[PDB]
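Here, fentanyl is shown bound to Antibody heavy chain.
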Amino acid sequence: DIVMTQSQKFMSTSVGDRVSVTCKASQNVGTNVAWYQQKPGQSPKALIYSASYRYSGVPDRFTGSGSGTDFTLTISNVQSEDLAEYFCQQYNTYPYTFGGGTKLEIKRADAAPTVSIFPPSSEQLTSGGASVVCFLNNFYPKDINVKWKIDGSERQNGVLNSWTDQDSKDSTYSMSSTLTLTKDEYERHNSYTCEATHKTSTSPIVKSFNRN
Amino acid sequence: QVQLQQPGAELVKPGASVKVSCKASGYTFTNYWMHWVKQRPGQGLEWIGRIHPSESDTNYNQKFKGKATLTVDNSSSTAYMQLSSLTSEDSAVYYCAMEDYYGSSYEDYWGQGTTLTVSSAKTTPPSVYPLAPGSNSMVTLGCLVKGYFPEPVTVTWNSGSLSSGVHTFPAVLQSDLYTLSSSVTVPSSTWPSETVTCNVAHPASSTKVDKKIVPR
Ligand SMILES: CCC(=O)N(c1ccccc1)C1CCN(CCc2ccccc2)CC1
């Protein structure tokens, strides 16, 4: 089969700049090459066909070039909503084959996390479990740590963390941390705290509640 | 405009088979190739093959011969992909897709993707819990979607009319069950005064649940 190679799995740019994603075919595929965009949780969307023609409704900031084996997707005046994975593909010969993808990352200014903590709902407690949730939202850059304390003591087991990709509107990151306890364990303690450490503050950014 | 409707999920046991449907509307079904694509979680794209509904001409990726079978039913404008002898390597999202021409450009359409999970586990619907601030300019609310199987779940707020300021987190698998959460941030003048509701769909269990966030 024809191998399509994208040798930059990640490329970093800034809003308003120009970025070029490269793609190399192992053998001549003429101009029978397409480009696709894929954002998290979504199907792929075609950008370019015949190596240089834009699909309907695709902004003219997207341009394609190349013939033979070297192909380029160029994005001019990069917008925050261009945050996505980009795939090249040849349909010259069976089987049609895709490049490995290139993820676009957008540089922006530092942003401190907005922290919110939530107690277990009465709905969850009615069946014997108890999750405490902490959202650490809209921060930049991506590096961040979260620490849970129960009545002042650090709690490590029972914590599950999840992170979003960069937001399509403001290019920040967010994170969700969930501390799951039993209802019985939860009701033995009063103070519940989640602490974020991020480069935007030399102290932890903290949120708490008392079960009172 | 054109819709390709695929079921959200299929849970099938190892060794069995599955037939994924792609119901098309908005164009002449028998005029266009219908393509099928496989995508494994966090991985790239694989072309399975294509079928032309006129006479069911097919072109297959050789790697899927004996695994995938493409057919069509012109009476219902539906395309099908059958997968035999399922293994965990078959677990993936499967898309159908076509394109037609308008003005001076092609325009593509895709199904939402069918998440096939190959597993002997049972379906388990999620429990949906409201996240309200215990007793500022902006207020953050959320929805905890806990203990479901298999993937996916989709989350909206106010039936989709609340789309700014939402973060919906990837699920995490623990003790054979998935859990995810979604947060939404709104002006403090609009909530509690106006209602905020998370809508949670788990296609594998045919569940759609609404949870109103009411203040504590
Ligand atoms: C992954 C599936 C796939 O490979 N495709 C696709 C993508 C989206 C929706 C339907 C199918 C191809 C996209 C490019 N087209 C080119 C058409 C063409 C041919 C000759 C001259 C001008 C244009 C071929 C099919």
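A, B, C, ... go to the sequence lines in the order they are written. We number chain A the same way the PDB entry does; the residues here are 1-212, in that order. The residues of chain B that appear here are 1-135, 140-220 by the PDB entry count, in order. Order of appearance sets the numbers: ligands from 1, and atoms from 1 within every ligand. Below, each value reflects all heavy atoms present in this structure, side chains not excepted, and no hydrogens, waters or symmetry copies.
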- Message: Help me out: which other chains have any heavy atom nearer than 4.0 Å to fentanyl?
- Response: A, B
- What makes up the binding site of fentanyl if contacts are defined by heavy atoms under 4.0 Å? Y36(A), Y49(A), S50(A), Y55(A), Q89(A), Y91(A), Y96(A), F98(A), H35(B), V37(B), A97(B), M98(B), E99(B), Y106(B), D108(B), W110(B)
- Heavy-atom contacts with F98(A) under 4.0 Å: which atoms of fentanyl show up? List them by number with element. 1 (C)
- Specify whether the nearest protein heavy atom to atom 20 (C) of fentanyl is under 4.0 angstrom away. no
- Task: Distance to 0.1 Å, residue and atom name: give those for the protein heavy atom nearest to atom 12 (C) of fentanyl.
- Result: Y36(A) OH, 3.8 Å
- Below 3.5 angstrom, do we get any N/O pair linking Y109(B) and fentanyl? no
- For chain A, what name does the PDB entry give? Antibody light chain
- What about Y49(A): any of its N or O atoms under 3.5 Å from an N or O on fentanyl? no
